[PDB]
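Heads up, the thing below is written out as structure tokens.
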Amino acid sequence: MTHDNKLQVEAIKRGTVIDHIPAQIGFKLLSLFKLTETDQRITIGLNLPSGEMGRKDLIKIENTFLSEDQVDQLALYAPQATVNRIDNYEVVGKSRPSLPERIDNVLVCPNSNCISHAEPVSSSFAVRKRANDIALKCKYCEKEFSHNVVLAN
Amino acid sequence: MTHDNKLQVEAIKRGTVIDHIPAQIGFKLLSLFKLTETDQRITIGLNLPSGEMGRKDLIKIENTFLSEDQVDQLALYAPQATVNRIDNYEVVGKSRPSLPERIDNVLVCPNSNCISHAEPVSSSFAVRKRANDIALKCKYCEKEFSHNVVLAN
Amino acid sequence: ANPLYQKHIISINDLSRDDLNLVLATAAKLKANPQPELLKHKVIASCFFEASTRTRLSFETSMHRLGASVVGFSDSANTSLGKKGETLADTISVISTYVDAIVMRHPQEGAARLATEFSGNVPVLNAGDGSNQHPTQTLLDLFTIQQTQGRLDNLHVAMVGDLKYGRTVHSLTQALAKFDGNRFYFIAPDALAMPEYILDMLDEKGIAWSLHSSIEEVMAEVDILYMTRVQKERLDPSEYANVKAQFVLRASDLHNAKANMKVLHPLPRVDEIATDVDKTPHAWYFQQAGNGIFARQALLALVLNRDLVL
Amino acid sequence: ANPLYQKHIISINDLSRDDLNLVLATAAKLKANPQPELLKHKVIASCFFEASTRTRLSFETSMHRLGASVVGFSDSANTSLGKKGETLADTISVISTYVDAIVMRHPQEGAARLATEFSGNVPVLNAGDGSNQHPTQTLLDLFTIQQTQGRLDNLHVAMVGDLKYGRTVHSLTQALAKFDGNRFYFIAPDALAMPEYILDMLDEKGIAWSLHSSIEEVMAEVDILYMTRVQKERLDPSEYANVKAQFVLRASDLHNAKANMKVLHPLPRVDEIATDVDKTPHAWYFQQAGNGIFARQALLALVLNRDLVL
Amino acid sequence: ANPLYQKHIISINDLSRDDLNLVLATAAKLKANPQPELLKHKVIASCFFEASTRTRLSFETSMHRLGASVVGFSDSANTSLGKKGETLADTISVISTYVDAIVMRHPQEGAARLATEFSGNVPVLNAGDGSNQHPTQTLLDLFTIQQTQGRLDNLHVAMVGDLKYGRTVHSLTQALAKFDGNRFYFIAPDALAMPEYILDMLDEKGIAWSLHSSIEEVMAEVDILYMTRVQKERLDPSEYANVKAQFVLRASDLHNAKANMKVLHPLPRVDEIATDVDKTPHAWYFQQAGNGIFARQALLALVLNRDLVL
Ligand SMILES: O=C(O)C[C@H](NC(=O)CP(=O)(O)O)C(=O)O
Ligand SMILES: O=C(O)C[C@H](NC(=O)CP(=O)(O)O)C(=O)O
Ligand SMILES: O=C(O)C[C@H](NC(=O)CP(=O)(O)O)C(=O)O
Ligand SMILES: [Zn+2]
Ligand SMILES: [Zn+2]
């Protein structure tokens, strides 16, 4: 029941469908969260129009199931976005990434003298709604950085 | 003109359509071709099947037609790819990638003592089919490597 | 089993006014009535990977003053970590299988935190990690501050120096924002200013704080003038402009100084506190240092001993 | 305009059989009919970014024997590229606005090819770039083989030593594969063997080559035995096993050798040729070095003289 | 006797407007009417106690283009002043008994002036002494501005970079203040600003100068934009903040620039001029370097030739 305006086939059995990802995100989410490291049928539609959400972006991963854990982790890039849980074609669930209290194994601590860079541990950050932006605090060095400056993988 | 063979298919008026991308290669071309930049309703299908061929990846970028070289540069990364120029929901030209005589900029010479690293110059090797694998020869150091190795840039 | 028993003492941001008041009262009881065997049979690793004269030595005298034994190093150059390429993670993994506690100082931030994820049951005390925290410094500064002002609530506090890399100011500032009414004054070159995270925590907490360009601009309204060394070894090359102290306290600056104001400093000082200050009544750095014995014996007593020392 | 006029001499692979022949033929002429002012009024930059005794002094000597003036540097340390961070591209760019040709020797493979993209009309002459090429060595070696064998075809040539890092043999094999009927025996530690790129060319040309683990096996067959020095300066540390000469030539092993055979070597020799070989009518390495004078004069003439008549 | 005959060229401040004019005019002549033996039989010492690519090789090249012979050292390390403790005074004293002129570049301000007190009739030519002067650079820059602007008056000139340690700009500002109507815009980190001694002269002459914090502000006005390299070798460690180019020139910022404007630079450039500027008809730094040949020939002619007629 996607929409209408000239046809092409496009509906799946079970899986997940991150809907309403803004532009130049979709690529980022596939890379960061490695949502492409699987044999599953993935359909990334970019720029495809959605009113207010003029140039939205979309991704659909078959069989794949996000976790409250995972989903929340998207509020750092595409917060407004809505996760639609489609099971047996029926949209069974529907979340919206709210804010997680800790981001693990994804980011890289900008503090070059942080122990995390040498030892075999997993990076980890506490998320905080600073004022304008979100404030990220390294678990180890205790420094907090603009959620914008903290890099990743 | 018509509707494709397999199920979940996406449509377009004018644009390029790359098909047969081997598995796990689609996302990469999306990186090293800077396709994702262009806000032209891109469509991607990772892990689609591929009849007796297995599973395939494919990209569709409307209003976009590949460079006067990208197909040749697309030859090394995915030889068995097919590049379909689609004008007005129809293929007004289909091509196969040919391996060029030589390749420029995109590759990084594996010989650490090559001067191309240190100096402000463009890399450029000379392609030469060898026995099964292709051999690349650095314009600068004169060494010839297997693309297996060169494709670690 | 007292609140801090078998607990890790990594950062002043994991402790609370109660935890801190727990330590200073113990500090006090211990000073008045020593307990020579309070840690009989314990063996503690003193692992310093960065230099130290007071932290290590006061730490070790403290273990001994309580009957414990000590194993360790003061330089990782001759450790397997230093000559054979071992990770700190493996280091703490093997060490935590010999001793009862690990007191460690390290050149990188978060190294004390890291060791906690690999020490198993053995608690990790942070004798300083890069420019992050220095919690046991904070403990003795509090004890010395209460000793000399009668309290830790509603104090006028000036911190001069390298506030950016001073791990001591990071902890201490956090420790006093846990008390009520304390007022802060900060005097530092603009390149070595208190980090944002601290100024924020202050604002959220409604603590009042202001910058100043002269010690003299606060000399009259302060109870504790906390002097610091420009953490020279931590400066980036592009900061080599602030390697020499800009604010030097000389005796004659203690002229309009409040009668109860003391000059504290975690040491070692270089050129920021002239020697004439040493013999005025406001100089309290060498007593501050000597108070390290008590804040430290108390902490050990609490982490390694179950019942409130009787 | 002779074929060589204003041409860059970067790689034997870019030179043809008749090109090499015109050089040898000219060499021969200069060697008997000295042209003292053939280059009066030119100024050549002799730029060596790496150590040299023979190459640099022979080149400079040839320039002078022909009336050229020379300006240049024997060490990159006191250049602006040395102490100011200048790229090699900009160095070549400005120098080419001063002079007529540039003889350059550099540590990194491809340093010479890159010079051409940056020098305009100024021909660049490769006195060696890393372990890649050294065409001038090859011109003086071809001249030395010609004059002692009376031929450059059907010869049996053994190449002994560091064949991998030896730019000397890389350039000489590609030259000698341009003539007919030559046969090649390669004797080298496996680690330092002949690159594949050169072998494949041999096959592709249908040249007869083969491998041997000793000089003894081939001594009675070769007409020329090219001894080479182990490129200690280039060896990766994993190749450090290969620093001492695996194959050493003593005067006794020349016993079954053809009377007409000459021992050549690019030099410097370290221990691969015991000094008692020096006194055998077989040693030809010092006559081969003097030949550097005549072959490089020829090259400067052919490259800077539109039409030569001697 | 031309005005320049046997004169020491130590500081643009000691040179007059007509002196500079005779050089530019002579430069122009040599650049079209080559005088191959103007200096036959002279021997010039090219003594550089500090690194150089352009200055030394252009100078040496000019000497040769004019028939002079050259003798000298590109490094003070292997001199007797280098390993034996000899003063610079005695070095100049003995060398001046051998040759006709001495081109010297040294690390300490005033090394050239001092040479004169010790060299008798031998003219000394300052190829650079510390951060003080570099008159020959200025002669080749004036020649480059003249030939592209058709004038040396009423020009609008911006000087960007290390103006403080830049002997290049110190000498060029004093020259360009000798002509009329020129206007100066100085763009430099505060730490590395234009010395006061030069500004005061400007005021004293009533020259119009001004300061700007970006190239963008002046791009549309200047006829010449002199980009300069940050003198890393001279920076005191407190200036280490200023090592990276604060003002970088990319091809895009030349968009609103006058068609006749040329980007000059003494070179070597590090990162202050992105390489894409090289392909714009505005970049003139490599043509400016080749100009070193013609201006320094002119100087050697004027200084060693009592009467020149061309
Ligand atoms: O070093 C300083 O300036 C303050 C502080 N000093 C101390 O802890 C005393 P010490 O290093 O002798 O143990 C520190 O951060 O190490
Ligand atoms: O280094 C070698 O032994 C071979 C060869 N030798 C030479 O060119 C002689 P030289 O180093 O003195 O100029 C070289 O490639 O440098
Ligand atoms: O060093 C600079 O960038 C400016 C100036 N540059 C030059 O003279 C060019 P060079 O160092 O190669 O001879 C100098 O004063 O040395
Ligand atoms: Zn961190
Ligand atoms: Zn290469």
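Labels below follow one simple rule: chain letters A, B, ... track the order of the sequence lines, proteins then strands, and each chain is numbered from 1. What you see here is only part of the deposit, and the contact count is restricted to that part. According to its header, the structure was obtained by X-ray crystallography, 2.1 Å. In listed order, ligands and their atoms are each counted from 1.
The chain in largest contact with ligand 3 bears the name, in the PDB entry, of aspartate carbamoyltransferase catalytic chain. The drug located at ligand 3 is named N-phosphonacetyl-L-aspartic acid. Other chains having non-hydrogen atoms less than 4.0 Å from N-phosphonacetyl-L-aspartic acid (ligand 3): D, E.
Heavy atoms under 4.0 Å from N-phosphonacetyl-L-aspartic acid (ligand 3) belong to D:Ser80, D:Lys84, E:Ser52, E:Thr53, E:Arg54, E:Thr55, E:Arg105, E:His134, E:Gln137, E:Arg167, E:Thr168, E:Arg229, E:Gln231, E:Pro266, E:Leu267, E:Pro268. Applying the 4.0 Å criterion to heavy atoms of D:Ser80 picks out, from N-phosphonacetyl-L-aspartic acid (ligand 3), the atoms 10 (P), 11 (O), 12 (O). In chain E, UniProt carbamoyl phosphate-binding residues less than 4.0 Å from N-phosphonacetyl-L-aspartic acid (ligand 3) by heavy-atom distance: E:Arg54, E:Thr55, E:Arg105, E:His134, E:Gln137, E:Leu267, E:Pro268. Atoms of N-phosphonacetyl-L-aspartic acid (ligand 3) found under 4.0 Å from any heavy atom of E:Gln137, numbered from 1 in the order shown, are 8 (O). In terms of protein heavy-atom proximity, atom 16 (O) of N-phosphonacetyl-L-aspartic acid (ligand 3) is nearest to D:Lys84 NZ, 2.9 Å. Entry annotation: the source organism of chain E is Escherichia coli. Looking at the UniProt L-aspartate-binding residues of chain E, I find a heavy atom under 4.0 Å from N-phosphonacetyl-L-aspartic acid (ligand 3) for E:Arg167, E:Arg229.
For the pair E:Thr55 and N-phosphonacetyl-L-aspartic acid (ligand 3), the shortest N or O to N or O distance falls below 3.5 Å.
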Can you produce the list of protein nitrogen or oxygen atoms under 3.5 Å from a nitrogen or oxygen of N-phosphonacetyl-L-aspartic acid (ligand 3), alongside each distance?
{"residue": "N-phosphonacetyl-L-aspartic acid (ligand 3)", "atom": "1 (O)", "partner": "D:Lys84", "partner atom": "NZ", "Å": "3.0"}
{"residue": "N-phosphonacetyl-L-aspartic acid (ligand 3)", "atom": "1 (O)", "partner": "E:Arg229", "partner atom": "NH2", "Å": "3.0"}
{"residue": "N-phosphonacetyl-L-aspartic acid (ligand 3)", "atom": "3 (O)", "partner": "E:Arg229", "partner atom": "NE", "Å": "2.9"}
{"residue": "N-phosphonacetyl-L-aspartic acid (ligand 3)", "atom": "3 (O)", "partner": "E:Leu267", "partner atom": "O", "Å": "3.4"}
{"residue": "N-phosphonacetyl-L-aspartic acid (ligand 3)", "atom": "6 (N)", "partner": "E:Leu267", "partner atom": "O", "Å": "3.0"}
{"residue": "N-phosphonacetyl-L-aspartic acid (ligand 3)", "atom": "8 (O)", "partner": "E:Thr55", "partner atom": "OG1", "Å": "3.0"}
{"residue": "N-phosphonacetyl-L-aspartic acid (ligand 3)", "atom": "8 (O)", "partner": "E:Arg105", "partner atom": "NH2", "Å": "3.0"}
{"residue": "N-phosphonacetyl-L-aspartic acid (ligand 3)", "atom": "8 (O)", "partner": "E:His134", "partner atom": "NE2", "Å": "2.8"}
{"residue": "N-phosphonacetyl-L-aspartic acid (ligand 3)", "atom": "11 (O)", "partner": "D:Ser80", "partner atom": "OG", "Å": "3.0"}
{"residue": "N-phosphonacetyl-L-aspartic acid (ligand 3)", "atom": "11 (O)", "partner": "D:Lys84", "partner atom": "NZ", "Å": "2.8"}
{"residue": "N-phosphonacetyl-L-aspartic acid (ligand 3)", "atom": "11 (O)", "partner": "E:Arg105", "partner atom": "NH1", "Å": "3.4"}
{"residue": "N-phosphonacetyl-L-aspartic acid (ligand 3)", "atom": "12 (O)", "partner": "D:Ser80", "partner atom": "OG", "Å": "3.1"}
{"residue": "N-phosphonacetyl-L-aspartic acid (ligand 3)", "atom": "12 (O)", "partner": "E:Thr53", "partner atom": "N", "Å": "3.1"}
{"residue": "N-phosphonacetyl-L-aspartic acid (ligand 3)", "atom": "12 (O)", "partner": "E:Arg54", "partner atom": "N", "Å": "2.9"}
{"residue": "N-phosphonacetyl-L-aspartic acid (ligand 3)", "atom": "12 (O)", "partner": "E:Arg54", "partner atom": "NE", "Å": "3.2"}
{"residue": "N-phosphonacetyl-L-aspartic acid (ligand 3)", "atom": "12 (O)", "partner": "E:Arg54", "partner atom": "NH2", "Å": "2.9"}
{"residue": "N-phosphonacetyl-L-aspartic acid (ligand 3)", "atom": "13 (O)", "partner": "E:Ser52", "partner atom": "OG", "Å": "2.5"}
{"residue": "N-phosphonacetyl-L-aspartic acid (ligand 3)", "atom": "13 (O)", "partner": "E:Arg54", "partner atom": "N", "Å": "3.3"}
{"residue": "N-phosphonacetyl-L-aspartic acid (ligand 3)", "atom": "13 (O)", "partner": "E:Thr55", "partner atom": "N", "Å": "2.8"}
{"residue": "N-phosphonacetyl-L-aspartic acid (ligand 3)", "atom": "13 (O)", "partner": "E:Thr55", "partner atom": "OG1", "Å": "2.7"}
{"residue": "N-phosphonacetyl-L-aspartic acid (ligand 3)", "atom": "15 (O)", "partner": "E:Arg167", "partner atom": "NE", "Å": "2.7"}
{"residue": "N-phosphonacetyl-L-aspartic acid (ligand 3)", "atom": "15 (O)", "partner": "E:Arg167", "partner atom": "NH2", "Å": "3.4"}
{"residue": "N-phosphonacetyl-L-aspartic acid (ligand 3)", "atom": "16 (O)", "partner": "D:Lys84", "partner atom": "NZ", "Å": "2.9"}
{"residue": "N-phosphonacetyl-L-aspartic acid (ligand 3)", "atom": "16 (O)", "partner": "E:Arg105", "partner atom": "NH1", "Å": "3.4"}
{"residue": "N-phosphonacetyl-L-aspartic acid (ligand 3)", "atom": "16 (O)", "partner": "E:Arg105", "partner atom": "NH2", "Å": "3.4"}
{"residue": "N-phosphonacetyl-L-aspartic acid (ligand 3)", "atom": "16 (O)", "partner": "E:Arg167", "partner atom": "NH2", "Å": "3.1"}

